[PDB]
Structures are given as C-alpha cells and as structure tokens.
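In what follows, chains carry the letters A, B, and so on, assigned in the order in which the sequence lines appear, proteins first and then strands, with residues in each chain numbered from 1. When the header is checked for method, it gives X-ray crystallography, 1.9 Å. Indexing begins at 1, ligand by ligand and atom by atom, following the structure's order.
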Amino acid sequence: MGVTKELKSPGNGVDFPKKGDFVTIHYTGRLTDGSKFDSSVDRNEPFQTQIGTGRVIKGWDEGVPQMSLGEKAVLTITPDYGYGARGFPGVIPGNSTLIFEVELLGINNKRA
Amino acid sequence: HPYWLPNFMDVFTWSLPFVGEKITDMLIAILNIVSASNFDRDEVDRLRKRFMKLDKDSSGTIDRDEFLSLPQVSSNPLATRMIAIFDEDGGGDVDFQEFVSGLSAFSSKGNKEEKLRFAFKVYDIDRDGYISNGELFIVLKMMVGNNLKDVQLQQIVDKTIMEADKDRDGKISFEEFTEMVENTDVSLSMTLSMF
Ligand SMILES: C=CC[C@@H]1/C=C(\C)C[C@H](C)C[C@H](OC)[C@H]2O[C@@](O)(C(=O)C(=O)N3CCCC[C@H]3C(=O)O[C@H](/C(C)=C/[C@@H]3CC[C@@H](O)[C@H](OC)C3)[C@H](C)[C@@H](O)CC1=O)[C@H](C)C[C@@H]2OC
Ligand SMILES: [Ca+2]
Ligand SMILES: [Ca+2]
Ligand SMILES: [Ca+2]
Ligand SMILES: [Ca+2]
C-alpha cells in the first residue's frame, strides 16, 4: 500500500534487516516523472541509518526490512509514507510519490 | 568531484527540518520572563511539575546528566546543542526561567522571530551572534555523521556562506541568516505540533 517494492536483482535471500538494525544503502531518488533528485551513488558515499525506528521516512522503514542483504530493488512510496502535504523544502513538492532505487549493502557488520 | 545539495539548495533549508524534528523529539520526551512567555499561567504551572520531575537532586536546575537520563535525549544528535541553548546564562545548568523560555519558542503561539532566533542559536556555538564557517561545519557534521564526506560538507558550507554573507566578513549574521531562509518554512520546523 504505502510502499511497494519491486526486486531488480536478488540478495542472498536469508539476511533481512530487523527493527533497530543499522543498514548501509546506496540509493537514487526520483520523482514519478523519472527526474533524479538525489543519489548517494553519484557522491560515492553510502547512506547509513538505523531502520525501523522512525529515523527515515516511513516508506524506507517499511520497505528496507523486506530486502535481503545485497538486493537491488525499487521502492515506490506514496506521500503518506514520504513527505506528505508539506513535501521537503527545496527538493520534494507536497503530495509527491517517490521512487527510490535501493541497494542493501550492509546489515550491522554484515556486508554484501 | 564537486558536490552540491539537491537543486543546489543552501545548507539551512536543507538541515532545518531535521533540526526541528530532532529538537521537538526531545521536547516531547521531556514533557512526558515567565509572564511574557507564550504560556498561560495554567500551562506554566504544568511545566513547573514537569521541571521538578527532571531535577533529580532538587537543585532548582537541570544539569547535563539529568537531561541525558532520558533515552530519547541521549540517542539524539542535537542533545548537546539543545542543552547549551536552554542554558541562556551559560552557567552549566538550566533554571526554571530558562526551561520555560526555551520551550516557549516552540509553542504554536510563538512568533516567527523567536523561532528564527532559536534556529540561529543551534548553529552559533559560541553565542557571539555570528555563524562562523567552523561552527556551521561542526553542527552539520553532528547531524550528518559519515553520511557525507568532510570535503562534501565543506563545499556546501562554503557555497552557502558565499551566498548568505552579504557584507563579506566570512560569517553569517542573524540578519543574513533570516534573509537566507525567508522563503522556507522555518516556523513550521521550529514548532511542536498542536493537537
Ligand atoms: C544536517 C542535514 C540533515 C540530515 C541530512 C543527512 C543525514 C544527509 C542525507 C544523505 C539526506 C540527504 O541529504 C543530501 C537528502 O536526502 C533526500 O534527498 C532523500 O533522498 C531522502 O528522501 N532520504 C534520504 C535517504 C533515506 C530516506 C530519505 C530520508 O528519510 O531522509 C531523511 C529525512 C529528510 C527525514 C525528514 C526529516 C524532517 C521530518 O519533518 C520529515 O518528516 C516526514 C522526515 C534524512 C536522512 C534525515 O533523517 C537526516 C537529515 O535531514 C531528502 C529528500 C532530503 C535529504 O536532505 C535533508
Ligand atoms: Ca539537578
Ligand atoms: Ca543557566
Ligand atoms: Ca559564533
Ligand atoms: Ca556576513
């Protein structure tokens, strides 16, 4: 519903993030017209966060734990699981669906 | 390889939503002159009871250890900044006048100017009224950790200062800061959401 995940290339199928785990991710974010608004790949700097604890938008907290270590997927996130009516200033309009290409590179100390 | 924020945005627009989120997260944890504050006399009295529970040693002041006693505060990347800002006289601890004054800025009854001032104080570590290059780097680094390289943070700090520093002294005054952020929703970031 709020986030849909499309698997593009599989991970190891056995290791999945649990609530409270720290994940390492390479991502590219796009609006629905396909335009890129941000990418950790382009700055050669993976993104790390604790997952499942509200430190990122709800679409990530709910979508990322579905991925197995090493998976590449696309998360499609509705505004209720993203930045809502406000959007994110300078970057994301209000009422925006978001498309993230996500590669799960690490779960705690485990690396893909 | 040059780095810029999405849409070449400035670091204040970029960081203020997270600043407001993290501080209001801590205020929620804590909540669960005085006569000129944004609180009626009744609400002030409720805060007196909240203050008393936090002061574990009955000093009339809350120190750093009593703030960090909350799990929601100790895990928070802006805990040190919030504590320093609440300590208005700079004496190491927050009395009740400082407790109420700090919370009053985040009221839905507060004005844009005092929320701009609180936001500015997040970055102005040494309280001299100017955000220096190093202060802006340090405070952004506190929030981003290893999610940007130091050289990437240096490029966007330097570009934002070049854009905001109207009189070209290498620092950002309060007036330069408020002009930089005049078309973003700073009040919203710096408000604890009302039921
Ligand atoms: C001092 C800097 C601030 C600090 C910035 C960093 C650590 C650098 C880090 C790479 C973020 C990027 O910086 C280039 C940039 O990434 C985006 O482009 C993006 O692809 C995105 O959507 N991401 C990032 C990757 C995880 C999912 C999502 C996110 O959850 O991001 C989170 C986010 C914005 C949550 C908001 C916060 C405000 C609430 O009100 C709102 O509530 C609904 C939810 C980020 C991680 C915050 O937790 C942390 C920060 O903000 C945003 C479009 C804007 C964001 O810049 C801010
Ligand atoms: Ca005390
Ligand atoms: Ca004090
Ligand atoms: Ca200063
Ligand atoms: Ca200046």
Asks: Tell me which macromolecule has the most close contacts with ligand 1, using the naming in the PDB entry.
Replies: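 Largest number of contacts: Peptidylprolyl isomerase.
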Asks: So out of tacrolimus, teniposide, eritoran, foretinib, what's the one at ligand 1?
Replies: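 Among those options, tacrolimus.
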Asks: Are any other chains within heavy-atom reach of tacrolimus (ligand 1) at under 4.0 Å, and if so which?
Replies: A, B
Asks: May I ask you to list the atoms of tacrolimus (ligand 1) that are less than 4.0 angstrom from any heavy atom of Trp60(A)?
Replies: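 Heavy-atom distances to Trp60(A) below 4.0 Å select 25 (C), 26 (C), 27 (C).
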Asks: Can you sort out which atoms of tacrolimus (ligand 1) are near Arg55(A), meaning under 4.0 Å from one of its heavy atoms?
Replies: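 With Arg55(A) as reference, the close atoms of tacrolimus (ligand 1) come out as 48 (O).
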Asks: Any protein heavy atom sitting closer than 4.0 Å to atom 38 (C) of tacrolimus (ligand 1)?
Replies: yes
Asks: When you compare tacrolimus (ligand 1) with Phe18(B), is there at least one nitrogen or oxygen pair between them that comes in under 3.5 angstrom?
Replies: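 No, no N or O pair falls under 3.5 Å.
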Asks: Find all atoms of tacrolimus (ligand 1) within a distance of less than 4.0 Å from any non-hydrogen atom belonging to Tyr3(B), and give their numbers and elements.
Replies: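 Listed by number with element, the hits are 14 (C).
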Asks: Suppose I only count heavy atoms of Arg43(A) and a 4.0 Å limit; which atoms of tacrolimus (ligand 1) are within that range?
Replies: 10 (C)
Asks: Would atom 20 (O) of tacrolimus (ligand 1) count as contacted, meaning some protein heavy atom under 4.0 Å?
Replies: yes
Asks: Which atoms of tacrolimus (ligand 1) sit under 4.0 Å from any heavy atom of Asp38(A)?
Replies: 12 (C), 14 (C), 15 (C), 16 (O), 17 (C), 18 (O), 19 (C), 20 (O)
Asks: Mark up the atoms of tacrolimus (ligand 1) that fall under 4.0 Å of a heavy atom belonging to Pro17(B), in ascending order.
Replies: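 Under 4.0 Å from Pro17(B), tacrolimus (ligand 1) has these atoms: 38 (C).
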Asks: Using protein heavy atoms only, decide if any is under 4.0 Å from atom 45 (C) of tacrolimus (ligand 1).
Replies: no
Asks: Among all protein heavy atoms, pick out the one at the shortest distance from atom 5 (C) of tacrolimus (ligand 1); state its residue, atom name and that distance to 0.1 Å.
Replies: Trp14(B) CZ2, 3.8 Å
Asks: In terms of atom number and element, which parts of tacrolimus (ligand 1) are under 4.0 angstrom from non-hydrogen atoms of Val56(A)?
Replies: 26 (C), 30 (O)
Asks: Which protein heavy atom lies closest to atom 31 (O) of tacrolimus (ligand 1), and at what distance to 0.1 Å?
Replies: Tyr83(A) OH, 3.4 Å
Asks: Tabulated below should be the N or O atoms of tacrolimus (ligand 1) paired with protein N or O atoms at under 3.5 Å; can you produce that?
Replies:
| from | atom 1 | to | atom 2 | distance (Å) |
| --- | --- | --- | --- | --- |
| tacrolimus (ligand 1) | 13 (O) | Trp14(B) | NE1 | 3.0 |
| tacrolimus (ligand 1) | 16 (O) | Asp38(A) | OD2 | 3.2 |
| tacrolimus (ligand 1) | 18 (O) | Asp38(A) | OD2 | 3.0 |
| tacrolimus (ligand 1) | 20 (O) | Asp38(A) | OD2 | 3.4 |
| tacrolimus (ligand 1) | 22 (O) | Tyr83(A) | OH | 2.5 |
| tacrolimus (ligand 1) | 30 (O) | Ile57(A) | N | 3.0 |
| tacrolimus (ligand 1) | 31 (O) | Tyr83(A) | OH | 3.4 |
| tacrolimus (ligand 1) | 48 (O) | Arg55(A) | O | 3.2 |
| tacrolimus (ligand 1) | 56 (O) | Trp14(B) | NE1 | 2.8 |

